[PDB]
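Below, a PDB structure including tipranavir.
Chain letters follow the order of the sequence lines: the first is A, the second B, and so on. For chain A, we keep the numbers from the PDB entry: what you see runs 1-99, in order. Using the PDB entry numbers, chain B covers 1-99, in order. Just so you know, ligand 1 is whichever comes first in the structure, and atom 1 is the first atom listed for that ligand.
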Number of protein chains: 2
Amino acid sequence: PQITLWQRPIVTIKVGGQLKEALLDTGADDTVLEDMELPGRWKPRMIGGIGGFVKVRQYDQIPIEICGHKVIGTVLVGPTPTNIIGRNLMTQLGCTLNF
Amino acid sequence: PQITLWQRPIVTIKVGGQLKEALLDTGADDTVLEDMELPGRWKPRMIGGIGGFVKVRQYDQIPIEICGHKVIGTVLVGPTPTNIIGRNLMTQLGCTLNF
Ligand SMILES: CCC[C@@]1(CCc2ccccc2)CC(O)=C([C@H](CC)c2cccc(NS(=O)(=O)c3ccc(C(F)(F)F)cn3)c2)C(=O)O1
């Protein structure tokens, strides 16, 4: 699709069988999700946002459907104002910024 | 332009007579710049993101030139770790996400 920015660019994602809303965020290097159960082992990571740093759990090679497109990549789980889709997964979508 | 997302989408801006680099962030409601002087009255605000909340000064109707295009909007200033251009200005550039 083509998504304008007059409202938050929120899309429906499917992760671990669950439908969720997530924000397409070109300012985010990584994908950060609200607390949920994910399979496999996790590794520690610290990420920086406008408010400072947060400790997150890093899970690798997690499949997510974003608007019906299947992507598979790293997801970080921790305290966040909302589910955030970052550039790591937007590049798998072939997503670009256009003006 | 069409900007891919393999790297951070960073652009040159001119604001309050200062030239700076800033990150195009589709996930940010608002534009938030590192602490600086801007003309006019301001109001204090607390804005939330990853890492928590940041105290900012809100300036209204500030002209910013982004990649040569003049836009006008509210500009927040405070101790953000990076200059961020939010949706409030990206819309004025006609910027869309496409996949
Ligand atoms: C995953 C980290 C993401 C990011 C990284 C910033 C960065 C980049 C390079 C180097 C250092 C730091 C980008 C980002 O959009 C935000 C948040 C939204 C998730 C953000 C950015 C700008 C302003 C705000 N405050 S706000 O009032 O405009 C706002 C509040 C909430 C949301 C919501 F959609 F996320 F809920 C969006 N905007 C928040 C952030 O806090 O850090």
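Here, the main chain in contact with tipranavir is recorded in the PDB entry as Protease.
The heavy-atom neighbours of tipranavir at a 4.0 Å cut-off, by chain: A, B.
Applying a heavy-atom cut-off of 4.0 Å to tipranavir picks out A:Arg8, A:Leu23, A:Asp25, A:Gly27, A:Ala28, A:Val32, A:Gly48, A:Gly49, A:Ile50, A:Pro81, A:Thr82, A:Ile84, B:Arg8, B:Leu23, B:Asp25, B:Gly27, B:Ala28, B:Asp29, B:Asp30, B:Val32, B:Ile47, B:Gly48, B:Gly49, B:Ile50, B:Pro81, B:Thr82. Distances between N or O atoms of A:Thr82 and those of tipranavir include no value under 3.5 Å. Heavy-atom proximity to B:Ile47, at under 4.0 Å, picks out these atoms of tipranavir: 25 (N), 27 (O).
Heavy-atom proximity to B:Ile50, at under 4.0 Å, picks out these atoms of tipranavir: 1 (C), 2 (C), 40 (C), 41 (O). Nearest protein heavy-atom neighbour of atom 32 (C) of tipranavir: A:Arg8 NH2, 3.5 Å.
The protein non-hydrogen atom at the shortest distance from atom 37 (C) of tipranavir is B:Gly27 O, 3.2 Å. Here the heavy atom of the protein found nearest to atom 22 (C) of tipranavir is B:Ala28 CB, 3.4 Å. Set against the non-hydrogen atoms of A:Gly49, the atoms of tipranavir under 4.0 Å away are 40 (C), 41 (O), 42 (O). Residue B:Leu23 approaches tipranavir through these ligand atoms, each under 4.0 Å from one of its heavy atoms: 8 (C).
At a 3.5 angstrom cut-off on N or O pairs, B:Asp29 counts as close to tipranavir. Residue, atom and distance of the protein heavy atom nearest to atom 14 (C) of tipranavir are B:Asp25 OD2, 3.2 Å.
Taking distance alone, with nitrogen or oxygen atoms compared against 3.5 Å, A:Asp30 stays at or beyond that limit from tipranavir. The contact set between tipranavir and A:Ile84, taken as ligand atoms under 4.0 Å from a residue heavy atom, comprises 19 (C).
The nearest protein atom to atom 26 (S) of tipranavir, hydrogens excluded, is given as B:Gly48 O, 3.8 Å; this is a heavy-atom distance.
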Measure from every N or O atom of tipranavir to the protein's N or O atoms and keep only the pairs below 3.5 Å, writing each with atom names and distance to 0.1 Å.
unit_1: tipranavir; atom_1: 15 (O); unit_2: A:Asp25; atom_2: OD1; d: 3.3
unit_1: tipranavir; atom_1: 15 (O); unit_2: A:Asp25; atom_2: OD2; d: 2.6
unit_1: tipranavir; atom_1: 15 (O); unit_2: B:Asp25; atom_2: OD1; d: 3.2
unit_1: tipranavir; atom_1: 15 (O); unit_2: B:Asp25; atom_2: OD2; d: 2.5
unit_1: tipranavir; atom_1: 25 (N); unit_2: B:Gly48; atom_2: O; d: 3.0
unit_1: tipranavir; atom_1: 28 (O); unit_2: B:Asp29; atom_2: N; d: 3.4
unit_1: tipranavir; atom_1: 28 (O); unit_2: B:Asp30; atom_2: N; d: 3.2
unit_1: tipranavir; atom_1: 28 (O); unit_2: B:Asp30; atom_2: OD2; d: 3.4
unit_1: tipranavir; atom_1: 38 (N); unit_2: B:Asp29; atom_2: N; d: 3.2
unit_1: tipranavir; atom_1: 41 (O); unit_2: A:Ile50; atom_2: N; d: 3.0
unit_1: tipranavir; atom_1: 41 (O); unit_2: B:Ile50; atom_2: N; d: 2.9

